[PDB]
Amino acid sequence: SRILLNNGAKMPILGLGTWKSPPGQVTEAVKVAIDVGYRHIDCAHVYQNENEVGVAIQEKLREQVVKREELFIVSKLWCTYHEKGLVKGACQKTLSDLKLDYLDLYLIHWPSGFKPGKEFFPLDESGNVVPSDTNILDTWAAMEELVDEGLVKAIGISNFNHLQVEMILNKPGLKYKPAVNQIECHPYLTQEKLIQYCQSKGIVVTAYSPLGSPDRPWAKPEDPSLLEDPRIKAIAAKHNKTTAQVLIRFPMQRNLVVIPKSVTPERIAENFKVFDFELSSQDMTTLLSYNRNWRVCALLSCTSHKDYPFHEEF
Ligand SMILES: NC(=O)c1ccc[n+]([C@@H]2O[C@H](COP(=O)([O-])OP(=O)(O)OC[C@H]3O[C@@H](n4cnc5c(N)ncnc54)[C@H](OP(=O)(O)O)[C@@H]3O)[C@@H](O)[C@H]2O)c1
Ligand SMILES: O=C(O)Cc1nn(Cc2nc3cc(C(F)(F)F)ccc3s2)c(=O)c2ccccc12
């Protein structure tokens with residue numbers, strides 16, 4: 001149920017995602033999740049719902065359902081706060097919203113810094129994202145300070161390519177190695193090279209968008225649909241499981257952490273019922289065979305940013 005991180009802490013391999021969970025629904029989602037056994041919640045300031053996630057956690061702590069030490073709460077430093085001077089306040093805002101005194105894991109959400117200011121996606125008049133003059137290593141050093149001050153127990157990265165990870169690993173005077181790299185991963189984007197890289201370096205990989213993010217706001221009707229893939233439905237039927245259950249179990253059997261999102265109580269419970277069956281070797285081979293290098297998350301307006309991660313092969 002949990003994987004050991006480099007700081008000695010254990011991270012639950014199944015967590016609840018919260019991107020696109022409206023504040024109207026995420027409090028109930030998190031309450032239900034905790035009731036049915038989730039102990040890991042994946043959050044971010046940019047998801048605009050951390051206050052409501054926080055309400056749910058506070059309530060369940062107060063109800064004596066769970067103790068804080070049993071929860072594993074992750075959040076992420078948004079791109080507009082990469083300047084060394086902005087990092088601590090960004091973390092403290094997340095902590096205040098979540099009503100917590102520490103995070104279990106805090107990630108650099110994307111390797112790119114954006115122009116500081118109120119807008120999460122500052123654009124120029126021609127639609128290009130406006131970068132900031134920040135660099136990965138200075139942002140990393142700021143993240144390390146959060147560990148040293150007790151705000152966070154572990155730090156990591158998200159959407160970093162292997163060269164960007166290597167930059168941090170090779171930093172003279174590195175204080176903390178990244179514990180986790182959180183990346184998009186599912187049968188249409190199987191990430192074999194980056195997973196082998198990270199796992200060889202002692203970095204745990206978390207798979208995001210494991211169901212293919214059908215609710216992503218830029219979906220096009222001609223896009224591939226993992227949950228509707230008849231090939232994956234057939235593997236699910238053979239196990240008397242749903243397609244979502246197969247898609248969640250798949251990364252678990254690759255020694256990945258996985259964070260499916262739902263706000264629908266029946267699905268939150270369904271998605272956790274993945275510890276009672278095993279995909280066969282042939283199932284795993286078949287699912288890996290569906291790779292198409294297809295990404296849910298890769299914003300066009302960011303493709304000229306100097307730190308855009310997806311020009312590299314991996
Ligand atoms: N680090 C990053 O850059 C990054 C990027 C993307 C995602 N993430 C994290 O990863 C999480 C998961 O990714 P995601 O939100 O993109 O998408 P996802 O988990 O792949 O898919 C969520 C979508 O699937 C639906 N769904 C959930 N369970 C289902 C089930 N059993 N049957 C049918 N449909 C089901 C949900 O609907 P309902 O909610 O309406 O039930 C929602 O529309 C995020 O929420 C976020 O926490 C991180
Ligand atoms: O962020 C999430 O969790 C999900 C996520 N993904 N995307 C796609 C992105 N593509 C990027 C590319 C870069 C780049 F590094 F390439 F510059 C930087 C930042 C991004 S956001 C979004 O546009 C988005 C908008 C609101 C809330 C969350 C998201």
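Sequential numbering from 1 along the given sequence is applied to the chain's residues. Atom set for the values below is all heavy atoms of this structure, side chains included, hydrogens, waters and symmetry mates excluded. Each ligand, and each atom within it, is numbered from 1 in the order the structure gives.
Out of latanoprost acid, varespladib, zopolrestat, ambrisentan, buspirone, the compound modeled at ligand 2 is zopolrestat.
Structurally, the main neighbour of zopolrestat is the chain that the PDB entry identifies as Aldose reductase. Using UniProt active-site annotations for chain A, the residue nearest to zopolrestat and its heavy-atom distance (rounded to 1 Å) are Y47, 3 Å. Look at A44 and you'll find every heavy atom at least 4.0 Å from all atoms of zopolrestat. The shell of residues lying under 4.0 angstrom from zopolrestat, judged by heavy atoms, includes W218. At least one N or O atom of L299 sits closer than 3.5 Å to an N or O atom of zopolrestat.
Proximity annotation for atom 16 (F) of zopolrestat: of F120, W110, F310, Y308, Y308 comes nearest, heavy atoms only.
For a threshold of 3.5 Å applied to N or O pairs, the pair formed by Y47 and zopolrestat contains at least one separation below that value. With a heavy-atom cut-off of 4.0 Å, zopolrestat reaches these UniProt substrate-binding residues of chain A: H109. With a 4.0 Å cut-off on non-hydrogen atoms, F121 touches zopolrestat through its side chain and not its backbone. Taking 4.0 Å as the limit, the other ligands and ions near zopolrestat are ligand 1 (NADP nicotinamide-adenine-dinucleotide phosphate). Within zopolrestat, the atoms closer than 4.0 Å to a non-hydrogen atom of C297 are 6 (N), numbered from 1 in the order shown. If you look at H109 next to zopolrestat, the close heavy atoms, those under 4.0 Å, all belong to the side chain. For zopolrestat, the residues with any heavy atom closer than 4.0 Å are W19, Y47, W78, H109, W110, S112, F114, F121, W218, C297, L299, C302, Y308, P309.
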Pairs under 3.5 Å, N/O atoms on zopolrestat and on the protein: can you put them in a table with the distances?
residue, atom, partner, partner atom, Å
zopolrestat, 1 (O), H109, NE2, 3.0
zopolrestat, 1 (O), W110, NE1, 2.9
zopolrestat, 3 (O), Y47, OH, 2.7
zopolrestat, 3 (O), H109, NE2, 2.7
zopolrestat, 10 (N), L299, N, 3.2

